[PDB]
Each structure stands twice: as structure tokens, then as C-alpha cells.
*Asks:* 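Structure with DNL201 attached for reference.
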Amino acid sequence: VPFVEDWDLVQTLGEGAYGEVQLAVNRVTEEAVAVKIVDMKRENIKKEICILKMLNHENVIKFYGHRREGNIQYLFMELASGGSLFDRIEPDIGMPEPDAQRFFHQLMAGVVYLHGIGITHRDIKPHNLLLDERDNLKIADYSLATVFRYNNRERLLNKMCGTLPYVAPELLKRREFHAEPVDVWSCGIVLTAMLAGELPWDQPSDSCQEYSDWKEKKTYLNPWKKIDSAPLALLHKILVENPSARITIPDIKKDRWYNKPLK
Ligand SMILES: CNc1nc(Nc2cn(C(C)(C)C#N)nc2C)ncc1C(F)(F)F
Ligand SMILES: [Cl-]
Ligand SMILES: [Cl-]
């Protein structure tokens, strides 16, 4: 069992490009945390750490601190012992609408927070939405995150990143684009996944027939026919091709389904 000072690395929680995340248990105190390990031999991590140190909100993963030990960086974060939203989505089914609604509220709270400190996540998807012991959602993984507002001045993005089934269509079609509507779009694909247990398209290019079908309002197809009319009216306002016409988070919060009592 590997270790870092007082911590035993006791279980793999993920292993992408950026090394691994380990469940770390302090041998003295028995405190459990998550540790991201990056082998710097294999600028970006300077940025990630700077962003992580800004984050203070109940629906965003907390940063405890980092240790360099040669080429290895250790990033200590809050453990979400519930695991991911990904694992609460039953393929082809989704989850009960009240659970989807609660998670969507928490995801909006997290995203409003990040946007309000001028940070865009840029890869919102169920893999990056983690659950604490009380099933409170946490936005995780700030490795693609970036500043879109500084000194109250917005900067457009030009870098293409994210995950194709979650990316907004402007990110495939425009030289430059606003950060906020991209994160809103991916929230709408997450909501679709939660209510239908299915992603609607490989990517929103109109070389993609499922995306054309949606633009032509063919909601008698999957995944849309699994979704009640109320949450579907919200998805009609989120999954809008023109990012200037797309609903903003203030207006999501006035949506009928958003405010519908459910249990
Ligand atoms: C993957 N990163 C993180 N993971 C957790 N918790 C957690 C993830 N899993 C999955 C299902 C992915 C597995 N294996 N299971 C648990 C208990 N907490 C925090 C992080 C963090 F901070 F590094 F994002
Ligand atoms: Cl699947
Ligand atoms: Cl899914």
C-alpha cells in the first residue's frame, strides 16, 4: 500500500491522463480524503491548483492542499464517499424525477457559484458530478477549468475541450464563444441523462442525424419520449443551438418544472 506522509493510498477512484485519484486514509486520525497524484514527468497544474484554492461552496469539491515530492504532485480534496452521479443513472431508465430535480438544483447552485467567481468548468458530465454521504452533489475535476471573467471583464474562449456528447454546438462551429452558455448546455445533457438514462447524440453537429431530429422537434423519438412534458419544456429552452437565444441560469430558476414540487 503506497503512502504520503501520514496517509495510506488505499483504493483507486479514477485514472485518466492526469495520473490517478486515490482514497487516502490517515493512519493516526482515520480521516478519509481523495488525493489526485500527477507524475509531472509524464503550467496546467499551476493553474488547476490556483483555481482549486478559489473554491469554497457546498456543491463544489473542496481543496485541502498539495505536496510536490520530486516529479509527483499530491492534490488533497474532500472525498465524496457516495461516488458519482454516473452510477445512479440506470441505463435506458434514468432515475426518479424527484432525485433528478434535486441533483439539477444542486448542479445549478454549483455552476452559479463557479460562474460568479469567473470560472468555467468546461467538462460537466455525470463522471464529474460526485455525491457526499448525504447524496449532496459536488462538481469535481478542475483540470479543464479556466477564467472567463477577470476584473469584471469577460473573455471569450477559443480552446475546444470537454466531452463530445456534452459539448455545445457553438464550440464546434465558432472561432470564439461565451463560456457560460456552454456550461448551461452540458447541464441540459446531464438532465437528459438523469431522466432518460441515454445521451441524445454523439455530438451536436448536423452531420449527426439525432441532433437534426431534435432541431426538427421530433420528440416522439428516444430519449425525449421517456421524459415528461414539464422537464422536456425546460430541455427545449436549454438545448437551443443559438447560444444568445439559450436560457440563462436566472431564467432556468423561473422554469415551471424547476419550481414543481416532487416526491
Ligand atoms: C474521482 N475523484 C474523486 N472521487 C471521490 N469519491 C469517489 C469516486 N468514486 C468513483 C465511483 C468514481 C470510483 N471509483 N467513488 C468514490 C467514493 N471523491 C473525490 C474525488 C475528487 F476530489 F478527486 F474529485
Ligand atoms: Cl451505457
Ligand atoms: Cl448515461
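Numbering, chain A: per the PDB entry, residues 3-44, 50-270 in sequence. Order of appearance sets the numbers: ligands from 1, and atoms from 1 within every ligand. The basis for the numbers below is simple: all heavy atoms, side chains too, and nothing from hydrogens, waters or symmetry mates.
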*Asks:* What ligand numbers or chain letters correspond to DNL201?
*Replies:* ligand 1
*Asks:* Count heavy-atom pairs within 4.5 Å of DNL201 for each chain, then name the one with the most as the PDB entry does.
*Replies:* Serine/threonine-protein kinase Chk1
*Asks:* If we set the cut-off at 4.0 Å for heavy atoms, which region of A87 has an atom near DNL201: side chain, backbone, both, or neither?
*Replies:* both
*Asks:* At a 4.0 Å cut-off, with the gap strictly under it, does some heavy atom of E85 reach an atom of DNL201?
*Replies:* yes
*Asks:* Before signing off on this row, confirm whether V23 and DNL201 have an N or O atom pair separated by under 3.5 Å.
*Replies:* no
*Asks:* So between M84, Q13, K69, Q24, whose heavy atom ends up nearest atom 23 (F) of DNL201?
*Replies:* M84
*Asks:* Does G90 have a non-hydrogen atom less than 4.0 Å from DNL201?
*Replies:* yes
*Asks:* At less than 4.0 angstrom from any non-hydrogen atom of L137, what atoms of DNL201 do you find?
*Replies:* 2 (N), 3 (C), 4 (N), 5 (C), 18 (N), 19 (C), 20 (C), 24 (F)
*Asks:* What would you say the binding site of DNL201 is, if we count heavy atoms under 4.0 Å?
*Replies:* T14, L15, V23, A36, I68, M84, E85, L86, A87, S88, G90, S91, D94, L137, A147
